[PDB]
**Q** 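Quick one: the structure is below, and I'll ask about it shortly.
Following the PDB entry, chain A residues are numbered 31-371, in order. Recorded method is X-ray crystallography, 1.9 Å. Computed over heavy atoms, backbone and side chain alike; hydrogens, waters and symmetry mates excluded. We count ligands from 1, going down the list as the structure has it; atoms in each ligand are counted the same way.
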Amino acid sequence: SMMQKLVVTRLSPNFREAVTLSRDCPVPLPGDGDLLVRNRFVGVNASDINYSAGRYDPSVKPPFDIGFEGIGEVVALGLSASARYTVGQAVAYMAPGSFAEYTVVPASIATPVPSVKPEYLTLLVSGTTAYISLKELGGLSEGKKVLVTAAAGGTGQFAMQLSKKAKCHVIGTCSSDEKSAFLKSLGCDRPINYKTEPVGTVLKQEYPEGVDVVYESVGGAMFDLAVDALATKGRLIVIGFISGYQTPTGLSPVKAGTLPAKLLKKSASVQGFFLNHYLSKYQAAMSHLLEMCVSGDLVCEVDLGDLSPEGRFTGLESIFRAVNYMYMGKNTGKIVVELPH
Ligand SMILES: NC(=O)c1ccc[n+]([C@@H]2O[C@H](COP(=O)([O-])OP(=O)(O)OC[C@H]3O[C@@H](n4cnc5c(N)ncnc54)[C@H](OP(=O)(O)O)[C@@H]3O)[C@@H](O)[C@H]2O)c1
Ligand SMILES: O=C(O)Cc1ccccc1Nc1c(Cl)cccc1Cl
Ligand SMILES: O=C(O)Cc1ccccc1Nc1c(Cl)cccc1Cl
Ligand SMILES: O=C(O)Cc1ccccc1Nc1c(Cl)cccc1Cl
Ligand SMILES: O=C(O)Cc1ccccc1Nc1c(Cl)cccc1Cl
Ligand SMILES: [Cl-]
Ligand SMILES: [Cl-]
């Protein structure tokens, strides 16, 4: 009858100062074409703080719901939705407002899943971003050199593995030796701990002809190193720039004043990617990722905070700590929060 959810009550990139936990919210009811899903796991995404800052659509004022992805059980549904779905069914979804005990989701956008496991949730946003961007914009083929930044993170783990499956030589940046050991276990050809080894020098010395593709999630100084490291006809994919999101504008400073000259001289490109412009590819990407995940052909690493200071991310209240965990760069794999029941 009543539930908890997170609500953006003031616009800010500081998630804690933007987002309030409301305790006595009515449970929303599904319409004819809708599922009501009881969330068991929810995904934490770097851009949750871009969302809370109001950067997705600056015309929209608080209050609004938050959280982009969920997995759980159908506990109620509209009559039309009941032709494809049934009460008790395990479903996952990408839609705003997953940070709630219950979320209304139109049946048309639900993804049926084998059971309610956090591994499947890693595929929804993190997996599909890596898959679709690389398939559509990567031009991957055997022997290409691929550099992945935030490689041990939520989407990075997939960009790594998909590039390896495309028979590419893959370099991955991360911030610790434990993350480097994880990258290695995924088949990474050259893991780099950027805190202990200078990435620019590694690339100049070991990849003098440059890299063919960059999956670039970090921005700032890493973006700059990436541009310099591009091969002739190289492609830098701008997936994100997380080093900037906490700032007031959300941007990360770059020394890009000579970027056009660099790109002309190399016949190289900088290509942006936004998931929501490629939704026509989503179902097929999800289907392929799910098959690999269920068959054990894809590592879907989940970080539920079990080794964080206050331990497992349980409950909506832990989302605040989970966002901090990401922004301290502590996670290995996809950060997920559990709503126990
Ligand atoms: N374009 C799209 O449609 C789309 C969709 C989804 C996600 N993305 C992008 O994918 C990237 C990763 O998102 P995610 O949600 O999967 O997170 P994640 O990679 O699981 O976590 C972020 C990681 O980035 C590094 N990092 C954290 N804060 C940093 C900082 N202030 N400066 C530099 N590096 C920092 C850390 O790894 P290290 O150990 O490597 O430092 C941290 O583990 C983001 O840029 C996100 O916006 C884009
Ligand atoms: O907006 C909707 O109706 C749900 C929906 C469906 C498919 C893809 C994206 C979205 N929503 C959405 C939006 Cl509008 C912004 C940021 C993140 C997400 Cl998941
Ligand atoms: O199917 C399409 O035409 C693209 C599209 C546009 C808006 C919202 C969703 C979708 N596709 C879609 C579907 Cl059909 C199921 C699950 C997830 C997504 Cl993103
Ligand atoms: O470019 C290609 O065709 C290879 C390619 C690139 C990016 C993403 C996926 C794929 N292929 C691919 C496919 Cl189609 C399914 C499962 C795993 C992989 Cl690596
Ligand atoms: O994630 C990013 O870096 C880009 C971005 C910016 C603002 C709002 C959403 C998104 N990405 C995004 C989208 Cl477009 C759909 C579902 C889930 C996510 Cl995390
Ligand atoms: Cl649709
Ligand atoms: Cl760096």
**Q** What is the name of the drug located at ligand 2?
**A** diclofenac
**Q** Look up in UniProt the name of the chain with the most contacts to diclofenac (ligand 2).
**A** Prostaglandin reductase 3
**Q** Specify the protein heavy atom at minimum distance from atom 5 (C) of diclofenac (ligand 2): its residue, its atom name, and the distance to 0.1 Å.
**A** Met124 O, 4.2 Å
**Q** Tell me which protein heavy atom sits closest to atom 16 (C) of diclofenac (ligand 2), plus the residue, atom name and distance to 0.1 Å.
**A** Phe98 CE2, 3.6 Å
**Q** For atom 14 (Cl) of diclofenac (ligand 2), what's the nearest protein heavy-atom neighbour? Residue, atom name and distance, please.
**A** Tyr86 OH, 3.3 Å
**Q** For atom 1 (O) of diclofenac (ligand 2), which protein heavy atom lies nearest, and how many Å away is it?
**A** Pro126 CD, 4.3 Å
**Q** If you have a sec, work out which protein heavy atom is nearest atom 13 (C) of diclofenac (ligand 2) and how many Å separate them, to one decimal?
**A** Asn306 ND2, 3.8 Å
**Q** Show which residues surround diclofenac (ligand 2) within 4.0 Å on heavy-atom distance.
**A** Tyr86, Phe98, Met124, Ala125, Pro126, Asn306, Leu309
